[PDB]
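Notes on a structure featuring paromomycin.
All chains are named by letter (A, B, ...) in the order of the sequence lines, taking the proteins before the strands, and each is independently numbered beginning at 1. Not the full deposit; the contacts listed refer only to the portion displayed. When a ligand or atom number is given, it counts from 1 through the structure's own listing order. If you check the header, you will see the structure was determined by X-ray crystallography, 3.3 Å. We use all heavy atoms of the structure for the numbers below, so side chains are in, but hydrogens, waters and symmetry mates are not.
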Amino acid sequence: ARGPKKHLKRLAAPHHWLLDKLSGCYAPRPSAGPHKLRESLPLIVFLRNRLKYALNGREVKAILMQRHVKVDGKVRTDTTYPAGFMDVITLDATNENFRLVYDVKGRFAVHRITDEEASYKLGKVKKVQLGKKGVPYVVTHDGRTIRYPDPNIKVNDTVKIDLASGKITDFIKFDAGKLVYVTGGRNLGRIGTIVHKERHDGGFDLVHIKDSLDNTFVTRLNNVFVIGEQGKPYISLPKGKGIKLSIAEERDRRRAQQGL
Amino acid sequence: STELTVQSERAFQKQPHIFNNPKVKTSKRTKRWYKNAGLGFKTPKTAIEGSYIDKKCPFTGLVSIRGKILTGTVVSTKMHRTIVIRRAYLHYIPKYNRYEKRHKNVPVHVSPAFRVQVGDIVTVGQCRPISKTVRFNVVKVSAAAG
Amino acid sequence: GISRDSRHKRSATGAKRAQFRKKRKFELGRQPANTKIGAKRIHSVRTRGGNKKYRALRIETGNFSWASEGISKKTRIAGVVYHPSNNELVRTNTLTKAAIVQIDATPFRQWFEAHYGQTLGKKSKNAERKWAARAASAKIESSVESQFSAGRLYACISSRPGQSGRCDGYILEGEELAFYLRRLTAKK
RNA sequence: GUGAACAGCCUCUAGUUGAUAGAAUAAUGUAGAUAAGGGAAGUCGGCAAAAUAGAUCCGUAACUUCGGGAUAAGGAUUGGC
RNA sequence: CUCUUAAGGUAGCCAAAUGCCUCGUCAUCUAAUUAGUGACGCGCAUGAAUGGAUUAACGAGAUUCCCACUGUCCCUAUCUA
RNA sequence: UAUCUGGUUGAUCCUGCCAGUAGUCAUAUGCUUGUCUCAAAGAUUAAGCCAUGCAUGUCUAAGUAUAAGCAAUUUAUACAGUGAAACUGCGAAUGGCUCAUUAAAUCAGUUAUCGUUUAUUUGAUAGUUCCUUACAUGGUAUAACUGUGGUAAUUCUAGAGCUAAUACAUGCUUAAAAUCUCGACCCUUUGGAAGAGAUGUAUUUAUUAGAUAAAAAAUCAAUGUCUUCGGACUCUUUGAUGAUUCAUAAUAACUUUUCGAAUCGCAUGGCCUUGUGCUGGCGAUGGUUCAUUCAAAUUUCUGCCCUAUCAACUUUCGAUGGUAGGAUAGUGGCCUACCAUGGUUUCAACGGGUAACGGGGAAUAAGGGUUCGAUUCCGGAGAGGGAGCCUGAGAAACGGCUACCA
RNA sequence: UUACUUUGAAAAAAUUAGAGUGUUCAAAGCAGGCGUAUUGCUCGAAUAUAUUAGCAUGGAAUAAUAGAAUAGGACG
RNA sequence: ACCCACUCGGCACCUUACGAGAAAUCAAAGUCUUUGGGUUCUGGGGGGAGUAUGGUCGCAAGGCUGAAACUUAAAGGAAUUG
RNA sequence: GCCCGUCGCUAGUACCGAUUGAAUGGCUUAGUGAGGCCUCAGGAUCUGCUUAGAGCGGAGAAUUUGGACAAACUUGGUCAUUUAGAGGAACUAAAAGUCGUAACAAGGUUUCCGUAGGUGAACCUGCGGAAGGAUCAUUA
Ligand SMILES: NC[C@@H]1O[C@H](O[C@H]2[C@@H](O)[C@H](O[C@@H]3[C@@H](O)[C@H](N)C[C@H](N)[C@H]3O[C@H]3O[C@H](CO)[C@@H](O)[C@H](O)[C@H]3N)O[C@@H]2CO)[C@H](N)[C@@H](O)[C@@H]1O
Ligand SMILES: NC[C@@H]1O[C@H](O[C@H]2[C@@H](O)[C@H](O[C@@H]3[C@@H](O)[C@H](N)C[C@H](N)[C@H]3O[C@H]3O[C@H](CO)[C@@H](O)[C@H](O)[C@H]3N)O[C@@H]2CO)[C@H](N)[C@@H](O)[C@@H]1O
Ligand SMILES: NC[C@@H]1O[C@H](O[C@H]2[C@@H](O)[C@H](O[C@@H]3[C@@H](O)[C@H](N)C[C@H](N)[C@H]3O[C@H]3O[C@H](CO)[C@@H](O)[C@H](O)[C@H]3N)O[C@@H]2CO)[C@H](N)[C@@H](O)[C@@H]1O
Ligand SMILES: NC[C@@H]1O[C@H](O[C@H]2[C@@H](O)[C@H](O[C@@H]3[C@@H](O)[C@H](N)C[C@H](N)[C@H]3O[C@H]3O[C@H](CO)[C@@H](O)[C@H](O)[C@H]3N)O[C@@H]2CO)[C@H](N)[C@@H](O)[C@@H]1O
Ligand SMILES: NC[C@@H]1O[C@H](O[C@H]2[C@@H](O)[C@H](O[C@@H]3[C@@H](O)[C@H](N)C[C@H](N)[C@H]3O[C@H]3O[C@H](CO)[C@@H](O)[C@H](O)[C@H]3N)O[C@@H]2CO)[C@H](N)[C@@H](O)[C@@H]1O
Ligand SMILES: [Mg+2]
Ligand SMILES: [Mg+2]
Ligand SMILES: [Mg+2]
Ligand SMILES: [Mg+2]
Ligand SMILES: [Mg+2]
Ligand SMILES: [Mg+2]
Ligand SMILES: [Mg+2]
Ligand SMILES: [Mg+2]
Ligand SMILES: [Mg+2]
Ligand SMILES: [Mg+2]
Ligand SMILES: [Mg+2]
Ligand SMILES: [Mg+2]
Ligand SMILES: [Mg+2]
Ligand SMILES: [Mg+2]
Ligand SMILES: [Mg+2]
Ligand SMILES: [Mg+2]
Ligand SMILES: [Mg+2]
Ligand SMILES: [Mg+2]
Ligand SMILES: [Mg+2]
Ligand SMILES: [Mg+2]
Ligand SMILES: [Mg+2]
Ligand SMILES: [Mg+2]
Ligand SMILES: [Mg+2]
Ligand SMILES: [Mg+2]
Ligand SMILES: [Mg+2]
Ligand SMILES: [Mg+2]
Ligand SMILES: [Mg+2]
Ligand SMILES: [Mg+2]
Ligand SMILES: [Mg+2]
Ligand SMILES: [Mg+2]
Ligand SMILES: [Mg+2]
Ligand SMILES: [Mg+2]
Ligand SMILES: [Mg+2]
Ligand SMILES: [Mg+2]
Ligand SMILES: [Mg+2]
Ligand SMILES: [Mg+2]
Ligand SMILES: [Mg+2]
Ligand SMILES: [Mg+2]
Ligand SMILES: [Mg+2]
Ligand SMILES: [Mg+2]
Ligand SMILES: [Mg+2]
Ligand SMILES: [Mg+2]
Ligand SMILES: [Mg+2]
Ligand SMILES: [Mg+2]
Ligand SMILES: [Mg+2]
Ligand SMILES: [Mg+2]
Ligand SMILES: [Mg+2]
Ligand SMILES: [Mg+2]
Ligand SMILES: [Mg+2]
Ligand SMILES: [Mg+2]
Ligand SMILES: [Mg+2]
Ligand SMILES: [Mg+2]
Ligand SMILES: [Mg+2]
Ligand SMILES: [Mg+2]
Ligand SMILES: [Mg+2]
Ligand SMILES: [Mg+2]
Ligand SMILES: [Mg+2]
Ligand SMILES: [Mg+2]
Ligand SMILES: [Mg+2]
Ligand SMILES: [Mg+2]
Ligand SMILES: [Mg+2]
Ligand SMILES: [Mg+2]
Ligand SMILES: [Mg+2]
Ligand SMILES: [Mg+2]
Ligand SMILES: [Mg+2]
Ligand SMILES: [Mg+2]
Ligand SMILES: [Mg+2]
Ligand SMILES: [Mg+2]
Ligand SMILES: [Mg+2]
Ligand SMILES: [Mg+2]
Ligand SMILES: [Mg+2]
Ligand SMILES: [Mg+2]
Ligand SMILES: [Mg+2]
Ligand SMILES: [Mg+2]
Ligand SMILES: [Mg+2]
Ligand SMILES: [Mg+2]
Ligand SMILES: [Mg+2]
Ligand SMILES: [Mg+2]
Ligand SMILES: [Mg+2]
Ligand SMILES: [Mg+2]
Ligand SMILES: [Mg+2]
Ligand SMILES: [Mg+2]
Ligand SMILES: [Mg+2]
Ligand SMILES: [Mg+2]
Ligand SMILES: [Mg+2]
Ligand SMILES: [Mg+2]
Ligand SMILES: [Mg+2]
Ligand SMILES: [Mg+2]
Ligand SMILES: [Mg+2]
Ligand SMILES: [Mg+2]
Ligand SMILES: [Mg+2]
Ligand SMILES: [Mg+2]
Ligand SMILES: [Mg+2]
Ligand SMILES: [Mg+2]
Ligand SMILES: [Mg+2]
Ligand SMILES: [Mg+2]
Ligand SMILES: [Mg+2]
Ligand SMILES: [Mg+2]
Ligand SMILES: [Mg+2]
Ligand SMILES: [Mg+2]
Ligand SMILES: [Mg+2]
Ligand SMILES: [Mg+2]
Ligand SMILES: [Mg+2]
Ligand SMILES: [Mg+2]
């Protein structure tokens, strides 16, 4: 249709932004990012619709243009900038930090981590190849390309990544019984460990999973993110820790802490 | 289906960047390039040991099989290096809670390695538009019937 | 402009399909530049997404490779002789791929005699050092040598002159040399 | 010889060169030609004249006693080397 | 029902090469049509081998129109024997 | 949210339709009309025609200011605040509208790119440029502007004279190796050796590696070390894929030789032989390849309504396939050349109709269904009808141009 | 060896169904709720769906399909 | 050849309704709201009408195929009493 | 009683129909062919390299060779959808006209079928059916 599409319509936006039907015809349309705007958080959504710090469209700009926000160590000027999975978002004048991690319903959760643990990030290595001159390279989910990596790292690992500089502080391989966060799907936002990886030649390997409460379920290998060693993530998970409590179970817990 | 010395065309027939040197001498004078299609598909005897060129062959050629892999029975051999397969299937029409018998014909390139005839349930897989209609190459051949 | 679409064609059933939409640039095609011998003239084409194709218009003198020797020198490209697609290109002396042209043999003769030391087809003590080692590899072919007597060699254009702008090729050897020989003599 | 051809046109053999003759070149005739633009307005009536034309390929309607109509109609081609 | 003289125009066809009135009337063709065609028919005076109706193909038969064509015309001029 | 009643007879039971009843995010119309919330609305007839207005423009500290521009009174005598114009930059390909085309087409769900293009965005990537004479930074050219002008008339412009750049055209610049060739002279053996080139990246071709699964001795050319006249042989370099001629590297060349920072803003620090020497801070804009992102292009499988008073269809002149080429961003009869005679069909082709854009959905509420979808979302098409094209990363664009028809 | 059958994955949001919640009721909306109301706490935005095709999976009844007849069969 | 008993396969017939049907009736016209063994053909109020049109077959008469506009509340079946 | 057909009037729908009938759109053979694009050229003007003056390079307007794309005009055909028409010939409505009384009673010649011919009209006759008949019946 003649070129790039510069608009997004409300009701066409990602559901996990939790926008309201009325109030406008349009969503922000995240910028061209490290993350696919399908799965991503525009800064305006985070600040205005989650942190509830900004009340306006014009107000979100007054924050960024006041130099306040950074992301993954670097200041981010862009209103629609698509902060994705495993990001940082430091605000000095508010002293806080947030690592973006999914709910157990699958939305980006508003999750505060301390002045450390916002040092480093994890990312899933999407490909590892040979660059110019023979220089090997590796790139994460968020499009970080890191050069001269560890010969052990293959696709479908994770990498612990210093921010202020870069490169690679150790890593975690992919084999039986590792800690895993589910990137997207029916089971998106869950956490668990590897019961088996069903191999499929010519695409779409099934990855079997078991969580802390001993439930089984499967998703796509491409959505299987290794978050660390079994029972010990490398980052801080929020309440419920991606446990997928049943809808029936939910009702009780709401009417449990509800009383006197 | 008996091919001649295979060098008959107004152009010379050779696989790309396959060079057997005139100065150096081997026992079988010219080299041969074959490959492994994948998906557990045995790349047969005649490919490696044949004289044919067929730039469209799943082995010994420049194509690559990816995507779907389908089956069906050979209907028309009448073409040259391609054939017609007929994949039969039923179709569910819910109003009557019943099936109707449809079918589709797939033009598919066949390597001179394989030998096929009207008959012959045959396994076939999709590699890029090679010609017009044909998106599929013959990768596997079983026998026909009784 | 010319259209590369498949929907101006007929369905494999044979039916003629109505025109569904207009012509769009990305399905276009453009005119052949039929490149013939002559003082170098090469036109730029602004391709898809910017970049450049290079139209060969008049092409003399482009790079050629002697296979077995592993060496490549530049020569004149006299004209065409054979061509598998259209003799019209032969007659008109147009340069495309698969061309089977004729090239200046002399820069290809010079390298040999200044390498193997034997003059082709009939002091500096450091040199006789080298020419001593390189011998016993010094027989080429009866069919590849004889053309040096004439001064022009049988070569096949492997570039796409209207595309790259270079017209390049490789001297014919082996049975490929024989194949086009049995053509030239038993055709013309 | 050209050509489908005992056509028309030119020719070998053979036969003729016979049809009163000289000078001019008005009108009107007889016979032969060509006409700008219009195109049957001429006329009893297109009378006369003009247009068509060989061959190859293509395409060829109603009607019909199914044999025709048909060269229907409509188009393209044509030398030399 | 009558009537002179045996019957009393059936099937068909028509201003027809048969219609006086008559350039019949209606439609069609045309700028305009005593023309043509299609209709209508108490048809002066169509009509059944005195053959009636139809009819493909054929025609130096009679008739109307269309396209092409043209000195037929506007409107005449020039050339040759 | 599993219902029926009225009407054919003298009366009767059936068949059977007509009639009643109810619903409609379904349209019109009539009569009537007070309050809150909510809010469809020239789709249908005619993608018929349209006076006028509006709808696309855009500057940060950070490209270009000598405005006969405003402004204080500038340490501001190169500039410096503000800042029209104009230059360069980017956008104008998004939106919004409409449903006219379109029946395997679009479209849906589902694959493909080991078949390509990609502004931007994010992440990395560059010591090599001259060769035998700016690097304290080459050269002109122009807009705005001023001034002389033409036309009834337009977002028309002529010619005269100035002046800028991240415009246009140019163009130097830096480590240590190491491997290649070629080779003055020394002259015997198992013999050698200065110093003259070549090596960034990209373009083009050719060739080479990109390998291994289980172990042992014989062969030839010349070496590849090495020790003490005895000759020993110690060692094979892969990253990835279901899969490659993949990534990446190697040699020989090729090229109207691509990029390799003559670029701006804030600061004003540190050294010492003090020359305005040498060195330095965070930024902005760029730039080569790569990945990423926003996309694009094609693509696998299966699925459309009425129609046989449409049964054969395609193949001149591409119909189906093979080869070669050409063209494209790239696959492919996309086009050309040559060659074969293929391809679809009663499991309904081909053809015709559609008061047909497809879908998400909507109405109806036993079940099974019937009917509808111009229309808020997605995809598609179009801008009176057709075609052609310039700019561009992206257009076959129409609030762009060119032609024809109307 | 298919057809079939189960489980799953991958399925847009709206819409339908449906949980929750006192928009004063409601149609809706996806808000809200408790407070010390002097620089505060905090649970949400569930859930299930056209069942054709594709993909992965368990099932082997039903119905199909192949297999040694001039043995050119199996096996070491 | 005749008689008798048995048994297939026929053209019918009788009684009973086991059932079925609106009934007349039906050993199928049963095994049907306890609705499915397989399969072929046709019908969807009465007219208009087997008309018009196209096609096709025939020497022709004709056959085969076969509409719509419009019109109408009945038409019809079986049985009952008159 | 019911009841058929012609005939006679009133209104309505469609049909056939001379007009080589009109109209709109799609696909089209032929002829012609704008425009930009590619290409062979051209060279108003302006202009750089090596050496008044000569040799070889770059920039470039009008104009132009050839080519593909190709609107569009003319003339034909084909398919679709709509439509005018003198006249023709049906059918349908409205009722207690005219003619006779075909069918319903053995309807007064049982009715009906296919076919064939004939007749103002319903109908009549021939052949072969059927029973839906006015006969389920002559081992007598
Ligand atoms: N005939 C000799 C050559 O064999 C070649 O093929 C052989 C090997 O070169 C080829 O090797 C593949 C290679 O193709 C591919 N691009 C990369 C891969 N890692 C190699 O190795 C592959 O095969 C080897 C066995 O050979 C396996 O051990 C290995 O797991 C597998 N990845 O696997 C083939 C095994 O028979 C080519 N056909 C051709 O160059 C030539 O014919
Ligand atoms: N059929 C053509 C053949 O060639 C010739 O015929 C050609 C010519 O003689 C003839 O010429 C005629 C001329 O005679 C006649 N009296 C007048 C007419 N205008 C001319 O004809 C020409 O005229 C002009 C061009 O000049 C065009 O407009 C017209 O279409 C054309 N036919 O046109 C003929 C072609 O149509 C010979 N008569 C004969 O060999 C044969 O007829
Ligand atoms: N002009 C004919 C039209 O036919 C239409 O429909 C007709 C047919 O489509 C329909 O079916 C007929 C059937 O009657 C007839 N006796 C048998 C015939 N096979 C069927 O035919 C129909 O179905 C078959 C498949 O069975 C198709 O192959 C055929 O093309 C189709 N016409 O029945 C109708 C004929 O009775 C409508 N009736 C109407 O539009 C009109 O009558
Ligand atoms: N709205 C986001 C999503 O869009 C989707 O849209 C569909 C299409 O856009 C997309 O289609 C293909 C895709 O399969 C494939 N993997 C990539 C391809 N580029 C896409 O196709 C694209 O290009 C084609 C050709 O030019 C266009 O016709 C098409 O509109 C465009 N989307 O595939 C999607 C699923 O079939 C779906 N509607 C749905 O999953 C969801 O709404
Ligand atoms: N809108 C009027 C015209 O439509 C033309 O386009 C027409 C065509 O694209 C298309 O016409 C189709 C045709 O393609 C197809 N092959 C046959 C079909 N019957 C035609 O259909 C057309 O005409 C029929 C009547 O014949 C109408 O019933 C129908 O609504 C109409 N679409 O439909 C359009 C007609 O509406 C042109 N765009 C242009 O000349 C003009 O705008
Ligand atoms: Mg945005
Ligand atoms: Mg998608
Ligand atoms: Mg074959
Ligand atoms: Mg084309
Ligand atoms: Mg002859
Ligand atoms: Mg003669
Ligand atoms: Mg005389
Ligand atoms: Mg005289
Ligand atoms: Mg005279
Ligand atoms: Mg005369
Ligand atoms: Mg003349
Ligand atoms: Mg004249
Ligand atoms: Mg004239
Ligand atoms: Mg004329
Ligand atoms: Mg006349
Ligand atoms: Mg006259
Ligand atoms: Mg007259
Ligand atoms: Mg005459
Ligand atoms: Mg004359
Ligand atoms: Mg013929
Ligand atoms: Mg006939
Ligand atoms: Mg003719
Ligand atoms: Mg005729
Ligand atoms: Mg010729
Ligand atoms: Mg009479
Ligand atoms: Mg008389
Ligand atoms: Mg009579
Ligand atoms: Mg008679
Ligand atoms: Mg008369
Ligand atoms: Mg008359
Ligand atoms: Mg007559
Ligand atoms: Mg007369
Ligand atoms: Mg007349
Ligand atoms: Mg008259
Ligand atoms: Mg008459
Ligand atoms: Mg009369
Ligand atoms: Mg009369
Ligand atoms: Mg009279
Ligand atoms: Mg008489
Ligand atoms: Mg007589
Ligand atoms: Mg008589
Ligand atoms: Mg008479
Ligand atoms: Mg007669
Ligand atoms: Mg005649
Ligand atoms: Mg005549
Ligand atoms: Mg005549
Ligand atoms: Mg005559
Ligand atoms: Mg004349
Ligand atoms: Mg009744
Ligand atoms: Mg009703
Ligand atoms: Mg409208
Ligand atoms: Mg609207
Ligand atoms: Mg748009
Ligand atoms: Mg259509
Ligand atoms: Mg899709
Ligand atoms: Mg200059
Ligand atoms: Mg100027
Ligand atoms: Mg000037
Ligand atoms: Mg390579
Ligand atoms: Mg930057
Ligand atoms: Mg054929
Ligand atoms: Mg064409
Ligand atoms: Mg091909
Ligand atoms: Mg090709
Ligand atoms: Mg291509
Ligand atoms: Mg054929
Ligand atoms: Mg439509
Ligand atoms: Mg619809
Ligand atoms: Mg729609
Ligand atoms: Mg319902
Ligand atoms: Mg229901
Ligand atoms: Mg029901
Ligand atoms: Mg519409
Ligand atoms: Mg509609
Ligand atoms: Mg839309
Ligand atoms: Mg308009
Ligand atoms: Mg630009
Ligand atoms: Mg468009
Ligand atoms: Mg627009
Ligand atoms: Mg346009
Ligand atoms: Mg507009
Ligand atoms: Mg709801
Ligand atoms: Mg069974
Ligand atoms: Mg039921
Ligand atoms: Mg009926
Ligand atoms: Mg009949
Ligand atoms: Mg008929
Ligand atoms: Mg009765
Ligand atoms: Mg009437
Ligand atoms: Mg034409
Ligand atoms: Mg032209
Ligand atoms: Mg009438
Ligand atoms: Mg008539
Ligand atoms: Mg009477
Ligand atoms: Mg009476
Ligand atoms: Mg009677
Ligand atoms: Mg009597
Ligand atoms: Mg009587
Ligand atoms: Mg009586
Ligand atoms: Mg009687
Ligand atoms: Mg009776
Ligand atoms: Mg009689
Ligand atoms: Mg009469
Ligand atoms: Mg009856």
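All copies of paromomycin taken together correspond to ligands 1, 2, 3, 4 and 5. In this entry, more contacts with paromomycin (ligand 1) come from one chain than from any other, and the PDB entry calls that chain 18S ribosomal RNA.
Other chains near paromomycin (ligand 1) (heavy atoms under 4.0 Å), by letter: B, F. Per the PDB, the name on chain B reads 40S ribosomal protein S11-A. Within 4.0 Å of paromomycin (ligand 1) on heavy-atom distance sit the residues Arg32(B), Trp33(B), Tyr34(B), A211(F), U212(F), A213(F), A240(F), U241(F), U244(F), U245(F), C246(F).
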